[PDB]
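Drug on board: promethazine.
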Amino acid sequence: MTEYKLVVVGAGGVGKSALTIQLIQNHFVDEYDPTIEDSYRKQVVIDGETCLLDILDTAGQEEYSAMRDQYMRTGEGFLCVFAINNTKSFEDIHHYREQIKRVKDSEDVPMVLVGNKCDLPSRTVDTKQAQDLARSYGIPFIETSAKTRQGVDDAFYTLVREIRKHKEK
Ligand SMILES: Nc1nc2c(ncn2[C@@H]2O[C@H](COP(=O)(O)OP(=O)(O)O)[C@@H](O)[C@H]2O)c(=O)[nH]1
Ligand SMILES: C[C@H](CN1c2ccccc2Sc2ccccc21)N(C)C
């Protein structure tokens, strides 16, 4: 069993805790405080390998910058989640990519672009927009929903596989 640290990165309100809890407790949560930051452990047999995925639902602003940079350095995978009905959080993705690349001091970082709330209207972020952005970062992009659970398992599985490829590079 290989232990893998899967951290979710995104803006406050994209559904970090929701998507995480959905796969951990197998149920959607409508009300959950965004300040709640905790990690969850889940052993999944991916490709014949039982990997222990340690998913982290971070809050945002830490008490100390060192701790911030620390959890980012030990993080193996970074799930970039945004809202398809919000351009603000979509543009915030550039900040995360830039930051993580500096914090880990590495350009090759296993990331996966995930567009949550694909079942909701007012879609401002075009699929082509996100796809092009993902291609520019050399990472995959999957539309998901914490409600319909569409492509959720796939998005997470891909993230783990991306890490693997980076490890066996
Ligand atoms: N409709 C809809 N609401 C979501 C979705 N994901 C999260 N939310 C809601 O966003 C609010 C905060 O969710 P939370 O788990 O705190 O996500 P976070 O604060 O971004 O980490 C709650 O009302 C969640 O139910 C989603 O995919 N669809
Ligand atoms: C995010 C932390 C655990 N953690 C960590 C804690 C303090 C300093 C550095 C780190 S390394 C890290 C990396 C990935 C997931 C969680 C952490 N905990 C709130 C779950």
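We number chain A the way the PDB entry does; in order, the residues shown are 1-169. One-based numbering, in listed order, for ligands and for the atoms of each. Computed over heavy atoms, backbone and side chain alike; hydrogens, waters and symmetry mates excluded.
One finds promethazine in this structure at ligand 2. Most-contacted chain for promethazine (ligand 2) in this structure, per UniProt: GTPase KRas, N-terminally processed. Within 4.0 Å of promethazine (ligand 2), judged by non-hydrogen atoms, the site holds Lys5, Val7, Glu37, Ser39, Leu56, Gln70, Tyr71, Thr74. Restricting to residues UniProt lists as binding GTP in chain A, the heavy-atom distances under 4.0 Å from promethazine (ligand 2) involve none of them.
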